[PDB]
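Quick look at a structure containing tafamidis.
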Amino acid sequence: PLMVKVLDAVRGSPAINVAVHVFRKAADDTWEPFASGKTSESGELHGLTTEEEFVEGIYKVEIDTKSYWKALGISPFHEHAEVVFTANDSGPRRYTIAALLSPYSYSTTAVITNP
Amino acid sequence: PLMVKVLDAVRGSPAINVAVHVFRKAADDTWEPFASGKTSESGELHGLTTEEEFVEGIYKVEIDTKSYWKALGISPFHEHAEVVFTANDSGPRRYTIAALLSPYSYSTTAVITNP
Amino acid sequence: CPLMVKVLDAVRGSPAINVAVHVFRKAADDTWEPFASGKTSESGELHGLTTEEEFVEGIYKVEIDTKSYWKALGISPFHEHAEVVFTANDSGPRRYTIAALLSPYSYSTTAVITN
Amino acid sequence: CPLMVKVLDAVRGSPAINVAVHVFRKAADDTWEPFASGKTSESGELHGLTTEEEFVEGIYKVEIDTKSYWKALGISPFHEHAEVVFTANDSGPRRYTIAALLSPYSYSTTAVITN
Ligand SMILES: O=C(O)c1ccc2nc(-c3cc(Cl)cc(Cl)c3)oc2c1
């Protein structure tokens, strides 16, 4: 129910080995760690959560763009790319969070389907 | 060897039924029709060409964004989104041309892999 | 003068007017301390946030209230807000423009840093 | 005054300086007639392309010479050029800014139309 896809605009390739941390807002308004993982050779990160566990809430998907670029030897601008959204508030949906990275810019979009 | 993927930034969905025309620059410098098709329910267009037919050359992938938005009843800014590039000049590659559409904006990127 | 925020609307092809923007500075304890705020003008710009003396090196977060923007236009948006988190570095150029391009299910951001 | 082009560099976080830009008007026979051209300034902007009297309704193409830009910086780019093709419509607002954000394998463009 939650997938992350990351592309590299400098290389024209998937962004491989990008760390991604997902948080969910708790009742006390703090960000609780929810799931994390790394993008594969295809730039995709599957297996973050399950439909049972991915309940309604406000989620933050933090894509660790600085760590990605630094591991490539590049000094980038941003610390991370964040995507913050309410999920599953009209029932379960499947969400793909996609991002396109450059050293001084990024883009993100959501692809949401109803099973 | 050539796939096109189109996403809709207003709907948060694949862009379905987007017409795409591919041209290849001829020896006389005109744009020759090369292949065409429509995106599926997943926003993807497969089957445009073959590795035999997709020789070296300068290609133009024209994504018919105005026709897409007009079919949704929206008056958009652009006539189309174009992506013009040299392909297969260091041997065969597989190209994905991706685009993200809004009524007054679009983004495009390339994902290129070597089989 | 050292920091400007510019916000554009990809749906209407216009500046994003009267958008609330909050800037925070990361404190030593990793919390986000309020730093400056305002609303974008008719040109989508927010000037006068800080001065050279106040804008020291460090990590800053620019939060753009995209949800209220879209709702005021009668549009249901995906994101709670847009975030741009970056490091200010004195060894680079001296004026930072943080630009954002908004759609309901997507946003893009870039840095335009000049002397 | 009715038409301005602004070009930004997503790799360096800067304006895209000294980029050649050619504007064409679609003729009655569907060919592209030269209309105006220039090179972007230190701010990434190209002003003075046309006047109100000259800029009539019709379809225009703005070609940005991204390939030369990247090569002058020592970077191998994907695209031959970037294109932005749109209709000028008198029933909408009166000043058009065509903005482009460049990366080696990707570009984004938006319209900022104001009165
Ligand atoms: O090849 C695929 O399956 C695949 C999937 C998701 C994708 N998301 C994009 C995408 C995202 C942004 Cl934010 C801007 C642009 Cl231009 C493109 O391209 C994708 C390609």
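One letter per chain, A onward, in the order of the sequence lines. We're sticking with the PDB entry numbering for chain A, so the shown stretch reads 11-125, in order. We're sticking with the PDB entry numbering for chain B, so the shown stretch reads 11-125, in order. Residue numbering in chain C adheres to the PDB entry, whereby the residues present occupy positions 10-124 in order. What you see of chain D is 10-124, where the numbers are those given in the PDB entry. The basis for the numbers below is simple: all heavy atoms, side chains too, and nothing from hydrogens, waters or symmetry mates. Counting convention: from 1, in listed order, for ligands and their atoms alike.
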Open item on the list: Hey, which chain has the most contacts with tafamidis (ligand 1) here? Just the name UniProt gives it.
Closed with: Transthyretin
Open item on the list: I'd love to know which other chains sit under 4.0 Å from tafamidis (ligand 1), counting non-hydrogen atoms.
Closed with: A, B
Task: Binding-site residues: tafamidis (ligand 1), 4.0 Å heavy-atom cut-off - done: A:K15, A:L17, A:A108, A:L110, A:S117, A:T118, A:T119, B:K15, B:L17, B:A108, B:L110, B:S117, B:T118, B:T119
- [ ] Run the numbers for me: atoms of tafamidis (ligand 1), each under 4.0 Å from some heavy atom of B:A108, listed by number.
- [x] 18 (O)
Open item on the list: I'm curious whether tafamidis (ligand 1) gets near the natural ligand site - which UniProt L-thyroxine-binding residues in chain A have a heavy atom within 4.0 Å of it?
Closed with: A:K15, A:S117
- [ ] Under 4.0 Å from a heavy atom of B:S117: give me the atoms of tafamidis (ligand 1) that qualify, with their elements.
- [x] 16 (Cl)
TODO: Mark up the atoms of tafamidis (ligand 1) that fall under 4.0 Å of a heavy atom belonging to A:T119, in ascending order.
DONE: 13 (Cl)
- [ ] Using a strict cut-off of 4.0 Å, indicate which atoms of tafamidis (ligand 1) neighbour a heavy atom of A:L17.
- [x] 9 (C), 18 (O), 19 (C)
Task: Residue A:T118 vicinity, atoms of tafamidis (ligand 1) by number, heavy atom under 4.0 Å - done: 13 (Cl)
